[PDB]
Novice: 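Dumping the structure here so I can ask a few things about it.
Note that chain A is numbered according to the PDB entry, with residues 3-215 shown in order. Atoms considered below: every heavy atom in the structure, side chains included; atoms not considered: hydrogens, waters and symmetry mates. Atoms within a ligand are numbered from 1 in the order they appear, just like the ligands themselves.
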Amino acid sequence: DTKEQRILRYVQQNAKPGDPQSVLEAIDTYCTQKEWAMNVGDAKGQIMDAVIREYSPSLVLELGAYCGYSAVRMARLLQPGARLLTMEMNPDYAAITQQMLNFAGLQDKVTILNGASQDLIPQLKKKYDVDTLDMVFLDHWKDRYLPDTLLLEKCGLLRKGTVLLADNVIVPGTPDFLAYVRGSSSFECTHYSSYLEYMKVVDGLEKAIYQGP
Ligand SMILES: C[S@@+](CC[C@H](N)C(=O)[O-])C[C@H]1O[C@@H](n2cnc3c(N)ncnc32)[C@H](O)[C@@H]1O
Ligand SMILES: Cc1ccc(C(=O)c2cc(O)c(O)c([N+](=O)[O-])c2)cc1
Ligand SMILES: [Cl-]
Ligand SMILES: [Cl-]
Ligand SMILES: [Cl-]
Ligand SMILES: [Mg+2]
């Protein structure tokens, strides 16, 4: 019995089937009251919500799904026909995420790619019929944010205006990625100060908009 299985069971026992808001609030309640877990959480998630609503992306890539909290959070705000692709290398967690999306009734909007971002990113265009991404949510191991950004650019997946939105740029921190995009004329960056999920430790999201080659 894993913490992720516990989160899922608590959602099935407490949330309303087909109600993404209810599912979010259930996961937040469990992780606030019973066991901390690395979901983006409600404070940063409200910022995510506002960004999603501003850009109305048709195609979103998420890096790191975990239990599907952020996937539910973003998918519930997508326009009809818009898509989220989420990459998750832990098969146990990917299983839990799929069940979480099913419960929320979001399964038709979200596609889970099992495996490591660095292996899956080069297969996106061919295997998933992707041209360029409108938005990317980076929230996997922090040492991959920079390498996967370079890899996205190499594979032609970024267009002028693609929005990168990065979690945890303060804590645990992503120093190479943050130095890189803030220093590069290829990105326009904005910092949104907030708090680490379920705590009062300061963290923040960085928005880095690709400006083209
Ligand atoms: C912080 S959790 C994702 C949380 C999720 N975005 C949310 O807010 O609910 C990080 C996840 O990244 C996954 N992960 C780490 N490195 C990865 C990689 N290179 N490719 C795919 N998934 C990876 C881990 O297995 C874990 O599920
Ligand atoms: C041992 C330990 C230390 C710090 C954290 C932690 O704070 C954390 C928070 C996140 O939002 C997050 O995305 C990740 N991550 O992907 O590794 C870790 C989680 C576990
Ligand atoms: Cl590598
Ligand atoms: Cl929170
Ligand atoms: Cl705290
Ligand atoms: Mg995170």
Novice: Determine the main partner chain of ligand 2 by heavy-atom contacts and give the name the PDB entry assigns.
Specialist: Catechol O-methyltransferase
Novice: What does the PDB call the drug placed at ligand 2?
Specialist: tolcapone
Novice: Can you sort out which atoms of tolcapone (ligand 2) are near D169, meaning under 4.0 Å from one of its heavy atoms?
Specialist: 11 (O)
Novice: Among residues of chain A listed in UniProt as binding substrate, which lie with some heavy atom under 4.0 Å from tolcapone (ligand 2)?
Specialist: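 Counting heavy atoms against the UniProt list, it comes to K144, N170, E199.
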Novice: Quick one: which tolcapone (ligand 2) atoms are inside 4.0 Å of a heavy atom on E199?
Specialist: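 Matching atoms, with element in brackets: 9 (C), 10 (C), 11 (O).
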Novice: In terms of atom number and element, which parts of tolcapone (ligand 2) are under 4.0 angstrom from non-hydrogen atoms of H142?
Specialist: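 Listed by number with element: 16 (O).
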Novice: For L198, take its heavy atoms, then give the atoms of tolcapone (ligand 2) lying under 4.0 Å from any of them.
Specialist: 7 (O)
Novice: Which of the S-adenosyl-L-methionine-binding residues UniProt records for chain A come closer than 4.0 Å to tolcapone (ligand 2), counting heavy atoms only?
Specialist: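 Sure - UniProt-listed, with a heavy atom under 4.0 Å: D141.
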Novice: Any neighbours for tolcapone (ligand 2)? Other ligands or ions under 4.0 Å, I mean.
Specialist: ligand 1 (S-adenosylmethionine), ligand 6 (magnesium ion)
Novice: Where does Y200 meet tolcapone (ligand 2), judged by heavy-atom distances below 4.0 Å: at the side chain, the backbone, both, or neither?
Specialist: neither
Novice: I'd love a list of the residues lining tolcapone (ligand 2) within 4.0 Å - heavy atoms, by chain and number.
Specialist: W38, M40, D141, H142, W143, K144, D169, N170, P174, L198, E199
Novice: Are there any protein N or O atoms under 3.5 Å from the N or O atoms of tolcapone (ligand 2)? List them with distances, or say none.
Specialist:
{"from": "tolcapone (ligand 2)", "atom 1": "11 (O)", "to": "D169", "atom 2": "OD2", "distance (Å)": "3.3"}
{"from": "tolcapone (ligand 2)", "atom 1": "11 (O)", "to": "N170", "atom 2": "OD1", "distance (Å)": "2.9"}
{"from": "tolcapone (ligand 2)", "atom 1": "11 (O)", "to": "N170", "atom 2": "ND2", "distance (Å)": "2.8"}
{"from": "tolcapone (ligand 2)", "atom 1": "11 (O)", "to": "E199", "atom 2": "OE1", "distance (Å)": "3.4"}
{"from": "tolcapone (ligand 2)", "atom 1": "11 (O)", "to": "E199", "atom 2": "OE2", "distance (Å)": "2.5"}
{"from": "tolcapone (ligand 2)", "atom 1": "13 (O)", "to": "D141", "atom 2": "OD1", "distance (Å)": "3.0"}
{"from": "tolcapone (ligand 2)", "atom 1": "13 (O)", "to": "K144", "atom 2": "NZ", "distance (Å)": "2.8"}
{"from": "tolcapone (ligand 2)", "atom 1": "13 (O)", "to": "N170", "atom 2": "OD1", "distance (Å)": "2.9"}
{"from": "tolcapone (ligand 2)", "atom 1": "16 (O)", "to": "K144", "atom 2": "NZ", "distance (Å)": "3.1"}

